[PDB]
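Structural view - oseltamivir carboxylate in its complex with Neuraminidase.
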4 protein chains.
Amino acid sequence: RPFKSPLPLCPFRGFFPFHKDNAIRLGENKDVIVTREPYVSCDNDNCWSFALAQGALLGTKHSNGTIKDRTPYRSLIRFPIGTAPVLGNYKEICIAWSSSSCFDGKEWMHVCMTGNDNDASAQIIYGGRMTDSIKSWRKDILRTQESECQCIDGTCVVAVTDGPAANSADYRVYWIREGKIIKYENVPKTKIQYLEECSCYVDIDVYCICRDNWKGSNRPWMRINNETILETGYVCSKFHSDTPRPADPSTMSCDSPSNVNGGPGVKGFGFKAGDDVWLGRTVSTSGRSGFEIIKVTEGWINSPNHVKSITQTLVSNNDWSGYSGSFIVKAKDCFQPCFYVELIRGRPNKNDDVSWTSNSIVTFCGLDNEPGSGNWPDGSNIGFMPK
Amino acid sequence: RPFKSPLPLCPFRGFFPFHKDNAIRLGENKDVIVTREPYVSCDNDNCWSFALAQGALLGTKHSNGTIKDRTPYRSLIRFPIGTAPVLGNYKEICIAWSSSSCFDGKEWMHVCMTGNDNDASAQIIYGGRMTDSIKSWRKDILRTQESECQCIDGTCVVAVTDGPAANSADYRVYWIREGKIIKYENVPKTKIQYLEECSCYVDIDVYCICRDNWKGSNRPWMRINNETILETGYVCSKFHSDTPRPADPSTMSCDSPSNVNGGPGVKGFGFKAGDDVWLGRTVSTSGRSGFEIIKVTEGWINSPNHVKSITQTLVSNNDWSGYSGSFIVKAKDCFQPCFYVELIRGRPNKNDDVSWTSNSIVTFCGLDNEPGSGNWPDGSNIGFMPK
Amino acid sequence: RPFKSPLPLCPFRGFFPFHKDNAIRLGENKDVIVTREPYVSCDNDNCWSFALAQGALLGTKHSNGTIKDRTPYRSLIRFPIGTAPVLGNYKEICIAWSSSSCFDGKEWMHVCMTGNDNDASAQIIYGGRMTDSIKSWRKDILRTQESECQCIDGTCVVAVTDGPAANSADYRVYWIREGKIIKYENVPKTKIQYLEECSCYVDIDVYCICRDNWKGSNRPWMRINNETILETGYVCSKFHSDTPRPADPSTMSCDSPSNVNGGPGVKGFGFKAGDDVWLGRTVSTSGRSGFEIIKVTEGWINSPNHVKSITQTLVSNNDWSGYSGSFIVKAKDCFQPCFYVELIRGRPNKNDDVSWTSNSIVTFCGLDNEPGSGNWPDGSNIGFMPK
Amino acid sequence: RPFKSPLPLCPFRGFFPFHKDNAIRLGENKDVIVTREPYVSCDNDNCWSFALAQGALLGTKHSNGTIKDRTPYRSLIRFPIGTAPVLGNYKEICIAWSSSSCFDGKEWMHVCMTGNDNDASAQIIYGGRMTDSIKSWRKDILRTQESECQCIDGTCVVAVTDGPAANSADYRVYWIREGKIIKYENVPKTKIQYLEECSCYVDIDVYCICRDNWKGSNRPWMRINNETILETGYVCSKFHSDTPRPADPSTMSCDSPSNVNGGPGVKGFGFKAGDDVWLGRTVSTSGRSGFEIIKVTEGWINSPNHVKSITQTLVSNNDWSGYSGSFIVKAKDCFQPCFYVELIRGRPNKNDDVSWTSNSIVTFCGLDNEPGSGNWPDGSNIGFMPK
Ligand SMILES: *[C@@H]1O[C@H](CO[C@@H]2O[C@@H](C)[C@@H](O)[C@@H](O)[C@@H]2O)[C@@H](O[C@@H]2O[C@H](CO)[C@@H](O)[C@H](O)[C@H]2NC(C)=O)[C@H](O)[C@H]1NC(C)=O
Ligand SMILES: *[C@@H]1O[C@H](CO[C@@H]2O[C@@H](C)[C@@H](O)[C@@H](O)[C@@H]2O)[C@@H](O[C@@H]2O[C@H](CO)[C@@H](O)[C@H](O)[C@H]2NC(C)=O)[C@H](O)[C@H]1NC(C)=O
Ligand SMILES: *[C@@H]1O[C@H](CO[C@@H]2O[C@@H](C)[C@@H](O)[C@@H](O)[C@@H]2O)[C@@H](O[C@@H]2O[C@H](CO)[C@@H](O)[C@H](O)[C@H]2NC(C)=O)[C@H](O)[C@H]1NC(C)=O
Ligand SMILES: *[C@@H]1O[C@H](CO[C@@H]2O[C@@H](C)[C@@H](O)[C@@H](O)[C@@H]2O)[C@@H](O[C@@H]2O[C@H](CO)[C@@H](O)[C@H](O)[C@H]2NC(C)=O)[C@H](O)[C@H]1NC(C)=O
Ligand SMILES: *[C@@H]1O[C@H](CO[C@@H]2O[C@@H](C)[C@@H](O)[C@@H](O)[C@@H]2O)[C@@H](O[C@@H]2O[C@H](CO)[C@@H](O)[C@H](O)[C@H]2NC(C)=O)[C@H](O)[C@H]1NC(C)=O
Ligand SMILES: *[C@@H]1O[C@H](CO[C@@H]2O[C@@H](C)[C@@H](O)[C@@H](O)[C@@H]2O)[C@@H](O[C@@H]2O[C@H](CO)[C@@H](O)[C@H](O)[C@H]2NC(C)=O)[C@H](O)[C@H]1NC(C)=O
Ligand SMILES: *[C@@H]1O[C@H](CO[C@@H]2O[C@@H](C)[C@@H](O)[C@@H](O)[C@@H]2O)[C@@H](O[C@@H]2O[C@H](CO)[C@@H](O)[C@H](O)[C@H]2NC(C)=O)[C@H](O)[C@H]1NC(C)=O
Ligand SMILES: *[C@@H]1O[C@H](CO[C@@H]2O[C@@H](C)[C@@H](O)[C@@H](O)[C@@H]2O)[C@@H](O[C@@H]2O[C@H](CO)[C@@H](O)[C@H](O)[C@H]2NC(C)=O)[C@H](O)[C@H]1NC(C)=O
Ligand SMILES: CCC(CC)O[C@@H]1C=C(C(=O)O)C[C@H](N)[C@H]1NC(C)=O
Ligand SMILES: CCC(CC)O[C@@H]1C=C(C(=O)O)C[C@H](N)[C@H]1NC(C)=O
Ligand SMILES: CCC(CC)O[C@@H]1C=C(C(=O)O)C[C@H](N)[C@H]1NC(C)=O
Ligand SMILES: CCC(CC)O[C@@H]1C=C(C(=O)O)C[C@H](N)[C@H]1NC(C)=O
Ligand SMILES: [Ca+2]
Ligand SMILES: [Ca+2]
Ligand SMILES: [Ca+2]
Ligand SMILES: [Ca+2]
Ligand SMILES: [Ca+2]
């Protein structure tokens with residue numbers, strides 16, 4: 001098997017429903033593992049669901065309080081795409097309360113952070129063997145993407161951060177080849193001010209669209225190759241895509257955060273398309289409910305012509321959403337753009353009267369065809385669930 | 001692996017019991033996924049069960065009301081043939097409330113419809129990647145076979161419908177090659193008036209025997225190759241095979257619906273054999289109970305000589321049945337004809353006093369040997385089941 | 001892969017504990033499928049457990065009354081050797097209330113009987129496809145070995161019976177090659193009078209040691225090759241091995257049933273070793289409790305020198321046993337002799353106060369080393385079990 | 001595939017968290033198999049968890065009393081590394097109440113002891129076939145490592161013991177090639193006095209660090225090749241690593257047990273590194289709580305310079321630990337040193353108010369990087385568990 005190449009994105013004009021796991025509905029009888037921060041990544045044979053498990057089954061007493069982000073009992077797990085994660089189908093990849101995974105064409109790489117907040121380490125797993133590690137250098141929650149990394153010609157690129165969420169953190173990119181760290185770079189801060197939870201894809205180069213958790217309702221981004229960071233900015237679109245954010249239309253800021261509705265943000269994604277941009281976002285401008293994707297004409301560039309040419313509403317605003325991220329699927333000579341949406345149920349969502357916090361997953365892929373319309377929310381009646 | 005070829009059907013003179021999943025009996029302790037619209041399809045290594053799941057486990061609170069046909073929580077799932085579908089053995093193929101699948105000799109293709117009734121889309125999956133789609137053009141429940149499609153020399157043929165169930169719908173056939181739509185045809189309406197839920201097999205050409213849900217107690221059919229629709233009609237047999245239908249013997253109508261007991265019909269199948277025809281049917285002429293298969297001498301043609309030369313009663317009329325469909329299994333130089341029967345339990349069946357609707361499966365294959373006799377119903381005591 | 005050859009048995013002087021599933025103990029929480037008539041058979045990569053499931057989970061309401069031998073809800077299932085059969089690990093091989101399976105070196109063959117007592121049929125499955133069938137010719141419980149068949153140079157040999165248990169049945173051997181029946185023979189009745197449930201192995205030729213269910217406390221046997229039945233008799237050993245049977249020592253009858261304690265018998269096995277014989281048997285001479293294996297000096301022949309040179313007590317007489325059968329495992333240039341013991345719990349066993357009937361499995365293999373001693377019974381406390 | 005070679009250990013300076021199964025937390029709803037004596041061993045494709053199951057699910061009535069070491073209902077089972085062992089994911093390797101496993105580069109070998117205390121036998125399994133056996137020669141609990149054996153150039157080396165725990169036992173090493181016993185040696189007793197439960201790894205030669213259960217708070221060790229035992233001793237380190245043991249610093253004894261706090265000991269491990277040594281140990285000097293690993297400068301040799309240069313506290317002393325053992329993972333031209341820690345919950349641990357005894361697993365691997373810090377205990381709230 002050859003290493004994955006720097007292919008362009010395939011043509012696309014809309015997104016179509018792919019896999020949906022209905023994990024919460026299916027967990028009513030306590031079979032399903034509690035998770036959050038799911039994502040999808042594919043190898044030569046299959047696409048897979050990944051998520052950070054909580055070391056408990058949904059609805060059991062050990063699931064109470066799983067809103068807590070970091071415990072020693074969290075592992076990155078893998079399970080068949082669109083299935084609910086159960087003890088009979090999951091694989092445990094590594095101990096982790098923050099993770100990223102990607103397939104380089106030959107083998108899987110994983111980046112797994114765990115340990116004390118002030119002294120975490122990232123374990124690099126390659127072909128199932130622990131091959132390298134990163135030591136916390138700022139001693140404040142060493143952490144990574146919570147979605148797939150990207151590999152070009154054998155070199156994998158992954159965003160890694162350490163330092164105070166809310167006090168000037170060090171955002172880095174690491175380059176890793178066959179499980180061995182080659183180099184890192186500190187992300188330039190000339191434009192980007194805050195850069196959490198990058199969602200990345202390949203379109204010749206690696207593009208990452210991330211979360212400014214402090215000052216920007218518009219999303220920061222970077223373009224990277226197998227050698228270096230090439231470009232940075234914020235998405236120009238006057239239609240912002242973080243949560244919270246101002247109502248449409250807002251300000252155009254290509255080089256700085258909007259400086260309004262800046263935090264806390266939510267992990268999200270987008271796809272540059274020529275001078276245009278596709279952006280996922282919650283339907284709500286204030287909370288993690290609903291999900292839509294918009295295409296903004298000339299939204300990647302400084303332009304008077306920003307318009308939402310397409311709006312697909314995929315999860316209604318009467319339903320909970322959560323994180324979202326990009327993944328790619330190799331076509332023949334291009335990469336198809338896809339994404340997942342985390343559908344968070346439980347704490348702290350209003351009226352989800354249970355003690356646990358978990359999610360289900362829904363996914364969509366891009367085609368060069370016109371889409372229809374529908375609604376694919378979590379679908380659980382929370383009143384039916386063990387608390 | 002070569003693409004599957006236009007092989008003839010193998011010789012056969014009776015049908016024999018193959019796999020049975022006993023899924024409802026085995027679901028008494030809430031392990032089994034709620035399904036309906038099952039079917040079977042085989043690749044080079046295995047035959048598989050497929051079905052439209054309901055995103056709930058049988059007997060849980062989320063299973064209440066699963067008589068409802070179309071929700072966002074339905075997915076096409078696959079599980080080992082003759083096993084009950086459980087979280088530990090299933091795979092999720094795609095989001096779908098209507099589906100068809102077929103193996104072309106190299107890879108699996110799936111056709112998956114989901115979304116709003118007035119704007120559904122069909123996703124085409126090939127080798128696990130979403131490769132194409134069909135947009136609803138009549139805006140009224142875009143839908144497909146609920147059994148296996150057929151592929152000849154790399155081109156797969158699948159029946160797709162859009163438009164009012166009960167007001168003149170557009171019935172089409174699509175030709176799809178390596179996941180890419182090549183062309184479609186509108187089914188000629190010179191003979192066929194209504195054409196739902198086609199059950200297809202290969203005997204050199206593709207033959208489909210379908211469901212007229214409005215005017216015909218006799219079944220409509222078409223013959224198709226890798227290029228075009230070759231022939232259409234209704235099954236000539238004066239012994240009708242839809243449900244409801246007149247008592248035997250009825251009218252011979254080769255070119256039009258019987259115009260009696262026309263609706264609602266049920267998905268079913270048959271096999272042309274020379275000038276004869278094998279037809280599956282419920283034992284009841286009014287409801288979905290029992291299952292038998294008959295061979296009608298000269299039943300494919302206009303003839304004074306129609307007689308039921310063979311009647312195999314496979315599920316007694318004291319037991320519930322449901323949909324049935326054909327599948328083929330490659331022999332060496334011919335295809336063996338097989339079929340499945342959906343055994344529906346729960347709503348709306350009289351005295352199935354539970355709130356859910358699901359099914360089990362039983363299957364039979366044709367051999368050129370004389371069969372014995374037996375009875376292979378669902379077998380659940382509904383009074384034992386969680387409601 | 002070449003077809004399996006007519007290899008001799010490897011040298012052996014004792015039997016050693018191999019795999020044990022503890023299926024009843026592990027089924028206390030209703031996870032385990034109800035079974036009986038288990039056996040073991042191996043391919044090039046793995047040994048497997050097989051059994052006739054009852055289409056219900058142990059301890060559920062549908063498990064009540066599973067003492068009943070023949071229902072439409074029984075299937076031959078396969079699961080990893082030494083594991084308990086659960087919905088998450090089993091495969092359904094075919095619908096069956098009597099079965100045999102064997103691997104020919106290239107593919108698995110199965111023989112599966114099901115249907116009405118007076119019109120059953122045997123389906124022959126080869127490489128997963130139904131390839132042939134046998135129609136009941138005596139119309140009285142067409143039935144087979146309940147343990148592995150044997151294949152030599154591509155031709156598989158399997159014992160098949162039809163006709164009154166207790167009124168002169170037709171015992172046959174069938175020869176089947178790549179799933180196609182080649183020929184059958186009626187077993188000669190010059191010596192053998194009753195021949196049920198043969199346990200067979202290969203030692204150059206096929207040897208089968210069976211159950212006379214009417215007149216013989218000594219076991220009937222036959223020797224078969226890829227062409228014909230070569231020899232028949234009853235095991236000469238004055239130490240009998242069916243259940244019930246006379247206390248040791250009893251009569252030597254090489255050519256006829258003992259004519260004492262003849263019925264009902266139990267499926268069992270043995271291994272000829274030169275002029276000696278190894279025989280498995282219950283410890284009790286009256287009921288299905290305990291299990292031991294004995295080696296009888298010159299026990300295969302008419303001789304004044306019969307002595308039990310070895311007695312291994314493997315399941316104590318305070319514990320329930322059941323059926324037992326031989327299987328072989330290819331060494332390099334010989335076959336290793338192994339066997340399984342069915343450990344039946346539930347009805348009708350005295351003080352097993354539950355409504356169901358099921359079993360666990362324990363297995364042993366022969367080595368040319370001296371064995372130790374132990375006890376490997378089912379081990380369930382029946383009072384802990386759901387009834 | 002070539003046989004595994006005598007590679008050196010890779011460079012390492014700290015240990016990093018790898019896989020963690022959280023098996024007790026995940027067993028709250030009675031899905032998980034009761035185990036103890038877990039270990040890890042890897043083949044060319046995967047690392048695996050192994051353990052001695054108890055033939056019962058955790059929290060069921062059959063789990064009551066599983067503190068008992070030896071029953072016929074114990075089997076060596078295998079399950080994916082870092083997953084909880086459940087009926088849907090486990091494989092049963094052999095009947096065993098003591099075991100060792102190792103992969104030789106081509107196939108798995110297992111050593112499985114079972115049977116009566118006074119007449120046990122060890123079954124040798126190779127490529128899934130039982131190929132040889134060892135008969136108890138001292139008639140007193142024939143037993144083995146409870147962690148992975150080691151194979152060099154096709155010859156596997158395994159420590160096997162028979163005779164009174166507390167009255168002069170025979171400690172042996174066996175050499176086994178493709179499942180056939182080649183030879184054994186009696187371990188020299190010139191230095192070693194007691195040698196139980198060896199934890200072994202490869203660093204050119206095989207090194208084993210074991211448990212003196214009678215006289216030594218320091219650990220006995222041996223160095224072995226494919227032919228013979230090369231060297232024996234006790235670990236020189238004045239910082240002892242068995243449990244119980246004296247507080248640091250204690251005595252330096254390279255050639256004899258410390259003769260203080262000698263019993264009962266606990267299975268543990270270490271890694272020689274030049275003249276230095278890494279030693280795992282409980283945090284407590286009296287009981288099985290906590291886990292740390294220390295590196296002792298010149299700790300392998302007689303030296304005035306013993307100092308703990310590194311102490312990693314991996315499980316706090318407020319949490320239960322248990323057995324620990326080494327395993328290796330092939331890098332390219334060296335073996336990476338790794339280890340597991342058994343986290344025992346239930347009887348007889350103070351305040352674990354349940355009737356059963358089981359464990360979870362956590363694992364760590366060595367890298368030539370500086371580690372961070374954390375805590376990875378079992379994590380179950382025992383008050384939440386079925387008793
Ligand atoms: C990085 O990969 C390049 C090849 O990729 C091209 O250049 C990248 C920087 C990026 O722009 C991609 O989109 C381009 O496709 C490697 O360049 C090769 O280098 C080798 C060794 O010097 C040389 O023999 C080849 O000519 C180069 N190949 C091409 C097509 O230019 C480069 O080695 C990689 N760098 C690292 C640090 O891994
Ligand atoms: C979810 O858990 C809370 C907290 O549980 C308590 O603290 C935990 C860490 C653990 O120690 C538990 O055993 C404790 O009970 C539950 O709230 C508690 O409920 C109990 C019993 O009703 C009550 O006595 C305590 O005062 C409560 N503690 C607090 C701080 O509220 C809560 O009930 C659990 N939710 C569900 C649905 O079970
Ligand atoms: C459709 O397949 C044919 C081959 O199948 C034959 O013709 C079909 C229409 C149908 O009648 C089958 O049962 C027949 O077996 C393809 O015909 C080939 O075309 C290529 C390219 O022109 C030519 O080189 C070969 O001679 C043809 N092969 C044969 C045996 O005639 C045809 O290309 C297919 N059409 C499409 C649109 O895919
Ligand atoms: C199956 O469900 C019905 C309907 O449940 C109600 O509506 C659902 C959409 C959901 O909102 C439920 O929580 C509602 O209860 C059940 O019928 C209801 O039963 C409840 C309690 O007995 C009663 O208060 C309501 O009036 C009933 N509603 C109607 C319209 O009949 C029914 O009991 C369920 N069946 C089973 C076996 O549980
Ligand atoms: C049955 O197999 C034989 C080969 O097996 C040998 O003969 C058997 C009857 C039995 O005694 C075995 O243990 C022996 O090992 C086949 O004999 C071959 O026949 C072919 C074709 O005629 C011939 O070319 C070979 O010489 C034969 N091989 C040998 C070694 O004799 C025979 O064909 C098989 N019969 C059937 C009906 O399948
Ligand atoms: C095992 O089942 C028997 C029989 O159950 C009855 O007949 C079955 C075919 C089915 O129709 C059941 O629903 C019937 O109840 C049970 O014995 C019956 O128990 C019920 C309730 O106590 C009693 O009313 C009947 O008279 C009994 N029938 C007979 C013939 O004895 C038995 O209790 C079941 N065992 C267990 C452990 O549940
Ligand atoms: C044991 O293996 C040796 C090869 O391993 C080397 O010697 C060992 C004793 C040990 O020191 C290892 O670390 C060394 O790497 C085998 O030696 C071979 O023997 C064959 C046959 O005599 C001979 O042709 C080769 O020259 C030897 N190879 C080398 C490199 O010396 C030896 O056969 C093994 N012994 C047994 C009993 O299996
Ligand atoms: C764990 O089991 C003990 C012992 O159970 C008894 O002995 C077993 C071998 C088996 O025969 C059981 O059926 C017996 O009950 C339990 O202690 C017993 O509890 C019962 C009921 O409360 C009491 O009548 C006995 O006197 C107790 N026996 C002893 C020796 O203490 C214990 O309760 C079980 N623990 C749990 C959590 O269920
Ligand atoms: C610690 C910073 C980080 C990004 C802002 O916080 C996160 C936000 C979360 C959220 O906004 O939902 C949940 C995450 N599990 C989390 N990451 C970790 C490692 O705890
Ligand atoms: C919508 C038309 C169609 C065929 C007549 O109706 C069906 C009949 C059904 C039935 O007669 O049982 C159940 C089906 N799930 C259904 N199809 C969909 C897509 O809802
Ligand atoms: C029908 C004759 C046959 C052999 C004597 O009876 C059997 C004896 C049985 C027994 O003695 O336990 C159980 C079997 N399941 C059975 N076989 C069938 C097909 O019902
Ligand atoms: C019998 C001697 C042996 C080593 C000291 O005892 C063990 C100690 C144990 C322990 O100290 O936890 C548990 C073990 N399961 C055991 N081994 C067997 C075979 O019973
Ligand atoms: Ca923000
Ligand atoms: Ca009709
Ligand atoms: Ca008898
Ligand atoms: Ca359960
Ligand atoms: Ca000690």
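A, B, ... follow the sequence lines: proteins, then strands. Residue 1 opens every chain. We count ligands from 1, going down the list as the structure has it; atoms in each ligand are counted the same way. The way this entry was determined, per its header, is X-ray crystallography, 1.6 Å. Scope of the values below: all heavy atoms of this structure, side chains included, with no hydrogens, waters or symmetry mates.
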> For oseltamivir carboxylate, which ligands or chains should I point to, including every copy?
Replying inline: ligands 9, 10, 11 and 12
I'm curious which other chains are hanging around oseltamivir carboxylate (ligand 12) with a heavy atom under 4.0 Å away - can you tell me?
D
- Task: Show the binding site of oseltamivir carboxylate (ligand 12) at 4.0 Å, heavy-atom contacts only.
- Result: D/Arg36, D/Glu37, D/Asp69, D/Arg70, D/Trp97, D/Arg143, D/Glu196, D/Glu197, D/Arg211, D/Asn213, D/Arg288, D/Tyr323
Item checked: Min N/O separation D/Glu37 to oseltamivir carboxylate (ligand 12) under 3.5 Å -> yes
- Close-contact set for oseltamivir carboxylate (ligand 12) against D/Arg143 heavy atoms, below 4.0 Å: 1 (C), 2 (C)
Q) Counting both backbone and side chain atoms, is some N or O of D/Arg211 under 3.5 Å from an N or O of oseltamivir carboxylate (ligand 12)? A) yes
Going by the PDB entry, what is the biological origin of chain D? Influenza A virus
Practice item. May I ask you to check whether D/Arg70 has an N/O atom sitting below 3.5 Å from an N/O atom of oseltamivir carboxylate (ligand 12)? Key: yes
Regarding oseltamivir carboxylate (ligand 12), does D/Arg288 bring an N or O atom to under 3.5 Å of one of the ligand's N or O atoms? yes
Between the protein and oseltamivir carboxylate (ligand 12), are there any N or O atom pairs that come within less than 3.5 Å of each other, and if so, what are their names and distances?
residue	atom	partner	partner atom	Å
oseltamivir carboxylate (ligand 12)	11 (O)	D/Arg211	NH1	3.1
oseltamivir carboxylate (ligand 12)	11 (O)	D/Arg211	NH2	3.0
oseltamivir carboxylate (ligand 12)	11 (O)	D/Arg288	NH2	2.8
oseltamivir carboxylate (ligand 12)	11 (O)	D/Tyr323	OH	3.4
oseltamivir carboxylate (ligand 12)	12 (O)	D/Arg36	NH1	3.0
oseltamivir carboxylate (ligand 12)	12 (O)	D/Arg288	NH1	2.8
oseltamivir carboxylate (ligand 12)	12 (O)	D/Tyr323	OH	3.4
oseltamivir carboxylate (ligand 12)	15 (N)	D/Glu37	OE2	2.7
oseltamivir carboxylate (ligand 12)	15 (N)	D/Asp69	OD1	3.0
oseltamivir carboxylate (ligand 12)	20 (O)	D/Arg70	NH1	2.8

